[PDB]
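Heads up, the thing below is written out as structure tokens.
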Amino acid sequence: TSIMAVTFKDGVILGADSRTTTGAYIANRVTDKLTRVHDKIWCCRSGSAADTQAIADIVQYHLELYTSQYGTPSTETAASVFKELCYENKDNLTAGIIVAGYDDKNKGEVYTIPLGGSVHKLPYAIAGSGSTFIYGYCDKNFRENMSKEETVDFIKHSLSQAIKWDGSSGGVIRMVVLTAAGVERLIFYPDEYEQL
Amino acid sequence: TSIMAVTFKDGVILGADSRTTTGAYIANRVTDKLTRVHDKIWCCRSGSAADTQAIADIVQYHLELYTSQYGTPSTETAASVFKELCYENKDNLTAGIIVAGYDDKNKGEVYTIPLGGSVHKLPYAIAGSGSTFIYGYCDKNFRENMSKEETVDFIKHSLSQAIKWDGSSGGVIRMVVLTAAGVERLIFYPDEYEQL
Amino acid sequence: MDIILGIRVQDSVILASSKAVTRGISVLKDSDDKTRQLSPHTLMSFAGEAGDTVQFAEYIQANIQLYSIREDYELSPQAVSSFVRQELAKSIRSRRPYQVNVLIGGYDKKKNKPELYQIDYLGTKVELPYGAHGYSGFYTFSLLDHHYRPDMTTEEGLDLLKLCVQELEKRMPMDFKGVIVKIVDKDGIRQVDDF
Amino acid sequence: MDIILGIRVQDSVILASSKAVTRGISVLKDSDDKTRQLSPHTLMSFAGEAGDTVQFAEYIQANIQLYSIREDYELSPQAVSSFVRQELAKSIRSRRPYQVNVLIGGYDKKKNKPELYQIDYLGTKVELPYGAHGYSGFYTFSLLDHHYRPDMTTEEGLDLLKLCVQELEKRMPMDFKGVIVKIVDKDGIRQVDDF
Amino acid sequence: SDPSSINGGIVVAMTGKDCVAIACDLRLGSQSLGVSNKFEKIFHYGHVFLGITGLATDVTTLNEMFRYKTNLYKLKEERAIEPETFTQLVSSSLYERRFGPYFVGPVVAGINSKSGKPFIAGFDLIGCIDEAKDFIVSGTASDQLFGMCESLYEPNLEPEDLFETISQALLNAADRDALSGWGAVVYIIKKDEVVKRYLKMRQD
Amino acid sequence: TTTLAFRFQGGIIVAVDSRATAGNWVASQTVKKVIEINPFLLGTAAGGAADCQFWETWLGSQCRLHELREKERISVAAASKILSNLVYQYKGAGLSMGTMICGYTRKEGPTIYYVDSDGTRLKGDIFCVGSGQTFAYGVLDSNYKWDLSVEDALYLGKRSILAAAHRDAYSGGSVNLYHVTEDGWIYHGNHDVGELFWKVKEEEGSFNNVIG
Amino acid sequence: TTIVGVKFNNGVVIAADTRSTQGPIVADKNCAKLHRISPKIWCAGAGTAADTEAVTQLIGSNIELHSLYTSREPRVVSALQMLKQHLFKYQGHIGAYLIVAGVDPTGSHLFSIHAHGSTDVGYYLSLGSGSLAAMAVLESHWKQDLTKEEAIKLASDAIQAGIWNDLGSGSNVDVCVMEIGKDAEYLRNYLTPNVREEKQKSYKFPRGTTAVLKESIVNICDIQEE
Amino acid sequence: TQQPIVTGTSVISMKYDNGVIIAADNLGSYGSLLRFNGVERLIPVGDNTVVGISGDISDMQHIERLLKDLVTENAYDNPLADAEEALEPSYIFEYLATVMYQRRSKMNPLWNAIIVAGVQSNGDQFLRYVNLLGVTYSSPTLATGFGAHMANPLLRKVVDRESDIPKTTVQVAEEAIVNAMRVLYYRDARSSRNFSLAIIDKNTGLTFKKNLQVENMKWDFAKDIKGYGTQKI
Amino acid sequence: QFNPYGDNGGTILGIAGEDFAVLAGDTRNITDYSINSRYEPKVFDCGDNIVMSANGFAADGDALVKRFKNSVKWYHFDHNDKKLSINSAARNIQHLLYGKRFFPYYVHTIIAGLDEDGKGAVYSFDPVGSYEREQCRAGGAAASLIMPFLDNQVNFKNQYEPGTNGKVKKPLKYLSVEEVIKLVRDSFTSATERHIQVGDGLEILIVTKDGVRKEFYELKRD
Ligand SMILES: *[B]([O])([O])[C]([C][C]([C])[C])[N]C(=O)[C]([C]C1=[C][C]=[C][C]=[C]1)[N]C(=O)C1=[C]N=[C][C]=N1
Ligand SMILES: *[B]([O])([O])[C]([C][C]([C])[C])[N]C(=O)[C]([C]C1=[C][C]=[C][C]=[C]1)[N]C(=O)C1=[C]N=[C][C]=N1
Ligand SMILES: *[B]([O])([O])[C]([C][C]([C])[C])[N]C(=O)[C]([C]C1=[C][C]=[C][C]=[C]1)[N]C(=O)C1=[C]N=[C][C]=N1
Ligand SMILES: *[B]([O])([O])[C]([C][C]([C])[C])[N]C(=O)[C]([C]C1=[C][C]=[C][C]=[C]1)[N]C(=O)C1=[C]N=[C][C]=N1
Ligand SMILES: [Cl-]
Ligand SMILES: [Cl-]
Ligand SMILES: [Mg+2]
Ligand SMILES: [Mg+2]
Ligand SMILES: [Mg+2]
Ligand SMILES: [Mg+2]
Ligand SMILES: [Mg+2]
């Protein structure tokens, strides 16, 4: 799995591959790992598909109920709910989740939640088995306050390399753009990103 | 351990960190992992320090005896001797070796020998625990027929990132340049390569 | 404990049970009675893990004696054996199961017939003309297959039982210090004091 | 096998060894002689793993008999015991060690003294007034500590030996089917046919 | 150690023309030791027949349990339970012990009293229904029974012919299994008469 | 497996069953568990089929070589010891054997040696070996005498195997009888248990537990 | 086991083989792996047979009660949600691997479910030991905008690939078509490419061939009057 | 006894009317890391045989050296080395099969699965399999690893039995092989897009194709797939 | 850890007639849940009118057959082209198998032919070399399905004569080659239905005084 979230001038973009594997068999080559817990709060999922789906479903429920009572939740609030589930059930869960969202007050924010259940607020975050192969690349190429086009290129190039080297990553590169303008879905096929 | 060898226009350059670890304790912070088996045939060592030293010592002996009888050996010949030891004793060895050398006829050549004992001739090669973090970077930034200065920068930047992310890698960046001109040793200290 | 035998003849049921109690390397006792009277015409012998055997036997004894008082009536051997089986069948899926095997010898006063039931710790019940638990059956069933006859007298049953004990004393490695023999018939339960 | 005893009195050495041979659940034999005559005035009893015991005893027997013929002379019990110990001490660091414990009872014709040696499978030798291997010593040493006196006659030694066997038959779980007793003195080796 | 092969035994069922047949061996043992040669494994509740192989304590327990349940069924419903309905009751009852199961191999056989249609069914230890047209097998010699039934069986056999087929299937399968045999019983079942026959077989 | 052998007035009786199993699966009902080493020696087979077969037919080759070299019939003691010494060399490797070496010679008389894969070698009057040995012992010990007729001794051996065939799940098939005398062994037929059981039950009045 | 699901123009089709196996033995030759959750929501099951049946019955039962409570036809996403949450709770121990398909007022749907509780969406899916043989066929012949006739053909061909090449699958092909605005048609034994040939011999025995000890009439009737 | 380190995935093959086709991708994996992207795993022997190897790469290179050495040895004192006494596919296979079974019998196996594809002197198609256990078998279609599970089903639809071989042309056979390689790229997590293909025909000889790529891939339908069930956006 | 053994499935069957003998075996070869080959010959003509099959782990099976064929060749060289009798071949195979007693050939071996009196003969072996002449034997994966059927239909076990009711057995009348082939085909058809490792094809080798003949029959491919 290769997943990442990157903040930029106008907000935040989430990125992911589409491969799900049972050992070396690709059980699904067109998986959607970018999932929605609120209108402009999404997450990237890595680890167990069952665990991360179960967690994401519970979070979506919690934020839906939060919204009905207290209005739109912050991205920090969403990350805290993810953390509470991941930390308190650390013994029984295998879930590596990146939470990303767009407020108007706080703009683009990214929170990463590794195995332990710890929370880390970062300008950008990478995770999944394939992330190991792009620590060098991402650290050298990331800048703050990039444009939308620059950020798409950064994620596209980064995940392209992660896919190239990691057997557990592959298929299409899905992306989700979160800005004041709204929510935009992007897809990039092998023929496009392999020749980069 | 972070080690790499890169061919370029005038020949080949070997690069390595200087960290040796017993668990999390750094047993030696100024280790020389770039070792000489012949005048212009060197190697990078990763894995067990004892195994790779024992192997390198035996190879140097074999090539010294080869030279006395048949004249200067090729880099391919040196790689074959490494392979023979690593393959036939695969059950008892933990050694990941990169062989690099300069002929006048063949110019710069690089052979990598992973755990199994297989041989792979490549334009450049990376190995050691820290290499995982720079597959993305090295693949994107490597060009054939680079200059000496460009190749030094490529290795310096690459190993800098490998050191940054891998706990088993660190200290100074040692390098060895192999050309027709001769053999040049280079060293780069933390203050220099960390700010890159 | 070790060896417990049972044989049903024409008009009675005979139970034979070893006297030895061994804990490890020493025979702590050589006169132990591995049986409990459940009712005037029903006797139960037992063998298994230390402690569990007596605790289970006395627990069954208490329950049957409670039934007898409540109804002023003695349960049939068949009814008692079924109650015992169910307790063991319940036990086998417990946190800590009763590790006890039993023989139930009784005389049914209604049908005027002796009855012998063999039940293991899993709750496996079978009615038999002759039975045994543990390694005893490995020696004694061949003799009983040959010699047994459904219409033996009680005296003939005791002679056939002596032949079983003699074979056990010859071929078994463990010294079980002889057996206590008890007869169950229409007149109740009695012990053969010389065997 | 199981129980082997030894006692050195005034003018002789008495060895007692069980007759039973058990494989698993059955006593295959009840008249087995767990001893070999090494020389006219030296007897060795043995107990350990099946097969190894006899193979080792006969191997020692052959070597001592070879020595006797070559030199036309009988080795002292002390000399024989040392040879045996070294073979076992050699054996314990072999690919497959001899799993055998022995008692060596002999009469030294030079010193006119009976001698009893106890050696285990590791090659641990000790000279003793009385000895045993396995669980036998756990019962018998307390009796021998009380009763033994070193000036006892052979008849007194046999009585004290009967008291040991009676205690073993009372408290040991395994039926060892009695013992074969052999006496070693100045006149040689003989078997007590009624014990 | 393996609960399904401590006591041993087998059951087989077959369909014929307007009839069904169910048969079992009589052995109960403790591994190698043969204990009982009268341990029948076929029971009946009204006109519905149930055969049970496997751990004997569970064989007894389940018989007592299904007698219990079919008796309450009859009191409330005011009619005898049918094979199709009973099959579902067995499945339900076994699955409620999903993670602590009875170690058994049940087999249902009978004729529907209203439609007259012959019916057989088999189960695994946790409830799965195998509703075969031809035959069902169960026990420690199930492989042997599969081989016999698959070769000997033909459809639409008359009651007296079906008896021979099922009897030969059981006998020859049992004789190739160490933990089966010691006698055998065969039930021939028609819409309103049931014949029970004990078979003479080798007692080893 | 159930095999037995016992000494008596008229020589030795050897009786064995015929069953072979792989787990609960009955592999064979027609196994020859007695081996005709020569016209005077018999060997019984219990445990591993191959081990027993291979090394007992090998034993026959060694016995034949002995009498070629020594111009004399091999003793039962010597023949048994060749086999026991051989298996002792393999001790620990995993051989699985329980055997009786039965014979008669002028110097020894009728002799039986129990030989075993742990290296055990025992001379004796009565032996029963195999998974059903305990069942056979019951019948033998209660009915054995030195003064038995060849006819009565043969039946006792046949009956003791039948007892074990019935109760022991890993014994059965049929009974092979041999009678060893001064003038060699004599085969006394294959007796199917499926027919023998009902015959014995009816005539002897035994097995009243079973219905027939 | 080979089970598949294929989307098409105006609905969805699912299919399955009919072999059940205990180890290397075939327990049932004509097993029914297509289960009805509701009239127009069906699912195919792989893995432990008692589990797929039980978990389908339970959710199917609760779906029926839900449909009566809400006065609405049941939705596939409801069946999906109830199945995944149930399976997740049991941490994979309930060995049910399902392909859930159906039509409802929202449209036509196709999902897969695994024992640990993870769900996946797709136009074509396959599960079981023969899923690799089936998926090979699907990946070679699937296209967008399939007709009903083409989807049935593709689905059954994928099951056949399992039947012939996977030892865990065999016998017959069951199909269930669920088209929008129509009744779901359940095609039991849609294909039968594995009929056994006639035997060489008849093994009917002569009457009296088996030896009998005792005979007796069994009383199946109740206690009688008078 | 060892464990495989650098590994190669599926090798697939089939017979057709005038010869045999074999293929394998150019990847050398190091666990989940797709380490080496230029590894040739089809090794020709003469002009009538191609040996395709999967599994441990260090052992593959050893086997490659044995075959190279076999050709050298066959030429020694052999005037008909390029004619009647040239190396046959059957000879090359039996040699490997001998080595594989000998090595498993010393508990030190060559951790590979091998397919020898070729054409004999009399024009007959040769196609046989051998692996680390020394197990051998022949079939109209043969495949290793994941290919066994995914390629064989597809290739068996073209040639289902022996009588289907004369009815299968080289164009139809190559088409089936190339499709199978695409399917393996979709579904095998240790495969690559780049592969090599070899055809051995009794008329046109040995054709060795390098640097082939999987093309005509279907991915467009991915854009419509959203969430894992209930999600709409 | 490396496991030197594997299981290639399959099933074989030998039946001895009055003046003939047959050795049959399916042609399917498998690992786990995959088919390797639908036609991989398993029963082999080894010369001297002897047929052989070693079922189980195919690598060991091929190795053994190869070594026995070799043994026949050297028997001719060493003993003046003498015909190797079926009983002598059987004893020779015992030694081949027991020679690897502590690292066995993981196979069930069956050979078939004619004895020195011209009568049909079948010998059966376990992996470590124990052997026994038999009238009937099935081996391999579906042996447990086939043997009981052969006890019943070849040796007339548990069969008696009508009217007598268990008193008189069914007489053991001899079976022709046409009658045996019928029983072989039905055995494999039945085994194919209930055993996943059996199918694809059936190859029968018939041995008579005239020589060795072959017959092939299709089996279900699922
Ligand atoms: B990715 O590879 O981490 C991926 C992310 C997931 C949310 C779709 N995980 C998987 O593919 C996991 C296996 C795994 C691989 C690598 C690291 C951790 C876990 N797969 C599954 O959970 C799975 C596989 N087959 C069926 C169902 N679920
Ligand atoms: B490097 O980290 O791989 C390094 C290369 C070596 C040639 C100097 N190896 C080590 O530091 C090894 C441990 C190790 C770490 C990571 C991967 C593999 C091995 N250390 C030693 O061999 C060592 C440690 N302490 C004392 C002596 N030797
Ligand atoms: B007997 O039960 O010991 C018997 C004697 C043997 C010489 C045929 N042994 C076996 O049947 C053994 C299994 C066994 C069962 C019980 C105790 C000890 C051993 N069987 C085999 O050796 C064997 C040989 N070939 C095929 C199948 N089984
Ligand atoms: B298929 O092969 O996955 C199939 C699908 C099933 C739902 C009909 N599975 C089975 O047939 C399973 C395989 C299995 C074997 C052992 C443990 C778990 C699963 N079989 C059974 O569920 C089964 C086996 N014997 C009797 C009844 N059911
Ligand atoms: Cl997912
Ligand atoms: Cl170093
Ligand atoms: Mg560092
Ligand atoms: Mg000591
Ligand atoms: Mg010897
Ligand atoms: Mg028996
Ligand atoms: Mg199939």
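The chains referred to below are lettered A, B, ... by the order of the sequence lines, with proteins before strands, and numbering in each begins at 1. Note that ligands are numbered from 1 as they come in the structure, with each ligand's atoms numbered from 1 the same way. This deposition comes from X-ray crystallography, 2.8 Å. Contacts here are counted within a displayed part of the entry, not across the full deposit. Just the heavy atoms: all of them, side chains too, but no hydrogens, waters or symmetry mates, feed the values below.
By its PDB name, the drug at ligand 4 is bortezomib (bound form). Bound to bortezomib (bound form, ligand 4) with the most contacts here is the chain that UniProt lists as Proteasome subunit beta type-2. Other chains with a heavy-atom distance under 4.0 Å to bortezomib (bound form, ligand 4) are given as E, G. The list of other ligands and ions under 4.0 Å from bortezomib (bound form, ligand 4) is empty.
The PDB entry identifies chain E by the name Proteasome subunit beta type-3. The authors modeled a covalent bond from bortezomib (bound form, ligand 4) to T1(G) OG1. The nearest of the UniProt-listed active-site residues in chain G relative to bortezomib (bound form, ligand 4), at the least heavy-atom distance to 1 Å, is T1(G), 1 Å.
By the deposit information, the source of chain G is Saccharomyces cerevisiae. Other-chain residues and nucleotides with a heavy atom under 4.0 Å from bortezomib (bound form, ligand 4) are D124(E), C128(E), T1(G), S20(G), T21(G), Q22(G), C31(G), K33(G), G45(G), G47(G), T48(G), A49(G), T52(G), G168(G).
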